[PDB]
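Structure (with netoglitazone).
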Amino acid sequence: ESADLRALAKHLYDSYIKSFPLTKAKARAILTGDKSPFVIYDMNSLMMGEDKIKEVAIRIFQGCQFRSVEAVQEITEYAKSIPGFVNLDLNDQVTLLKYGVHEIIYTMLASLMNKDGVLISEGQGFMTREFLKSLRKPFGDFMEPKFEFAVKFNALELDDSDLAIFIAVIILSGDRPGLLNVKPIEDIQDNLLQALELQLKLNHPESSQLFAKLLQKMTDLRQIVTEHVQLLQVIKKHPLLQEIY
Amino acid sequence: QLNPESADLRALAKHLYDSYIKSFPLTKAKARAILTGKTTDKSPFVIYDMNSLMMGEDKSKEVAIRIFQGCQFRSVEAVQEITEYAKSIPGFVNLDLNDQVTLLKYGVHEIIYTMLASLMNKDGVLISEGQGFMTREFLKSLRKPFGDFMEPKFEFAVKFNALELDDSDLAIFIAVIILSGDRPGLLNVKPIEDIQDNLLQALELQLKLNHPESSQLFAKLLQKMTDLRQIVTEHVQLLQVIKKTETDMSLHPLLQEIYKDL
Ligand SMILES: O=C1NC(=O)[C@H](Cc2ccc3cc(OCc4ccccc4F)ccc3c2)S1
């Protein structure tokens, strides 16, 4: 049984590294300790950051949207490496990605976060939590919930090898609305779940029930996504540019 | 065979099942016996329309409000039963009293909807200790803003019920729900996490022993916690609406305190 499961873990890790330029390993090393990021903590510091790397709040949001569009393509490439995924119904592949990317983006953003701020543009920059919190409403409440989640998620001390499998688990979620053929999606998720469980037992033998703790984080994660979507609708209150986004 | 660690986990499972049976008068076992017709003596009266609802009160508001307040009062009762169960969970009553309150505050509705699934099939739900069965379509026919409030619970139940869990499983799962270290405003997280660790280990073993052919049932069960949270959040949203449109509908203060700043 375990031959396939070790193959799956390694394959997903290799694909994860190929698809995502800034890994957690590289992010934690930047956030702790040889070249340091430019820190954006202030309106004046943001201004210099742009010369180095409408109004301030809007342009940060637009910056976030640009990155998110990039991440959607990274995630999609990654998904296509997950054994079985490309053999699913094409509408189902689109549905899984459509409803999965937000969950994945905030999961992976935790890798770039500590309790005080978030790495930006390939780790070249670091924007503080308090500066993001200071932005005028409704932009000030945009990132805070993601920081609160990240603190709780990061306490699990997952590495890139664990996260590669967890992200795959998220993508293969059989409860997405409008799926045509749930069976093979659940069947693949079952195999990914088995692989994640073994990976956490081998990689973190002294962390009791880490597998269970990790799956429980989906509860807060989906809640975060639902609140975020609602805030995106509130924010909706060059034509080609709006099309891209 | 077994070892001392898994032996302790078995005793914990047995203790929790025992307390569950003592705390909850209507078990899944009894609910399924009523629903599936293991019955000449246990058959429910079925409410599927106004007249059958009238006739059923032989075995003082308008109908939608009366039904909605029925759910409220039943919820109030459930909170009592769940609080009694919680006290049996080893370590729970030794926690900081404020954390006891917080865990119940955030846990009780998730437990209520979990256990409500036991009383449900795709066509309706048992009421009045199993003596009645109200149809899903009758519930969906109630006037705005009440016609939609049970649908999310039925959709969840049908998916939840496909896991085919029994009371012995549920007993440990609901303990896991209560002992969550990620509830907002908890003072001392570590003691709570340590208890949950133990409960998770016990649930995992229980599911392995009770459902040996059911692959990754533990994981799939844990994944359903996200569904529960979504039911709670959506219901709160619906209550806000109901309250504004029906300025004459009351909300029991126990429930109102549970929902306050949730
Ligand atoms: O605003 C609220 N806050 C809460 O805590 C409550 C949550 C809630 C909702 C529905 C329920 C249905 C139940 O059985 C079925 C049932 C019972 C009587 C009448 C009709 C029924 F269909 C049992 C408990 C229930 C609890 S209502």
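Chain labels are A, B, C, ... in exactly the order the sequence lines appear. Here chain A follows the PDB entry for its numbers: 207-239, 243-262, 275-458, 466-473, in order, are the residues you see. The residues of chain B that appear here are 203-261, 274-476 by the PDB entry count, in order. Read the numbers this way: they start at 1 and go in the same order the structure lists the ligands and their atoms. This entry, so its header tells us, was determined using X-ray crystallography, 2.1 Å. The figures here come from the full heavy-atom set of this structure, side chains too, leaving out hydrogens, waters and symmetry mates.
The chain in largest contact with netoglitazone bears the name, in the PDB entry, of Peroxisome proliferator-activated receptor gamma. Lab note: other chains with heavy atoms under 4.0 Å from netoglitazone -> B. Every atom of netoglitazone is numbered from 1 in the order shown, and the set under 4.0 Å from a heavy atom of B:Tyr473 is 2 (C), 3 (N), 4 (C), 5 (O).
The entry's source annotation for chain B reads Homo sapiens. Those atoms of netoglitazone with a heavy atom of B:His323 less than 4.0 angstrom away are 4 (C), 5 (O). Distances shorter than 4.0 angstrom do not occur between any heavy atom of B:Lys367 and any atom of netoglitazone. Ligand-side atoms of netoglitazone in range of B:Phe282: 1 (O), range being under 4.0 angstrom from any heavy atom.
The UniProt annotation of rosiglitazone binding in chain B and a heavy-atom cut-off of 4.0 Å around netoglitazone together pick out B:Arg288, B:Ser289, B:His323, B:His449, B:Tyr473. Contacts of B:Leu353 with netoglitazone, taken as heavy-atom pairs under 4.0 Å, involve the side chain alone. At the shortest separation from atom 27 (S) of netoglitazone among protein heavy atoms lies B:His449 NE2, 3.5 Å. Contact annotation for B:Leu453 and netoglitazone: only side-chain heavy atoms (C-beta onward) come within less than 4.0 Å of the ligand. With respect to atom 7 (C) of netoglitazone, the closest heavy atom belonging to the protein is B:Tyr327 OH, 3.3 Å. The dominant UniProt domain at the interface of chain B with netoglitazone is NR LBD.
Protein heavy atom closest to atom 13 (C) of netoglitazone, with residue, atom name and distance, is B:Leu330 CD1, 3.4 Å. Of the protein's non-hydrogen atoms, the one nearest atom 17 (C) of netoglitazone is B:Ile341 CG2, 3.7 Å.
In the deposited model, no covalent bond links netoglitazone to a chain.
Summary of contacts: the protein heavy atom closest to atom 12 (C) of netoglitazone is B:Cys285 SG, 3.7 Å.
Other-chain residues and nucleotides with a heavy atom under 4.0 Å from netoglitazone are B:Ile281, B:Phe282, B:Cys285, B:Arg288, B:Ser289, B:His323, B:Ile326, B:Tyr327, B:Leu330, B:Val339, B:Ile341, B:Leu353, B:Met364, B:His449, B:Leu453, B:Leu469, B:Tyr473.
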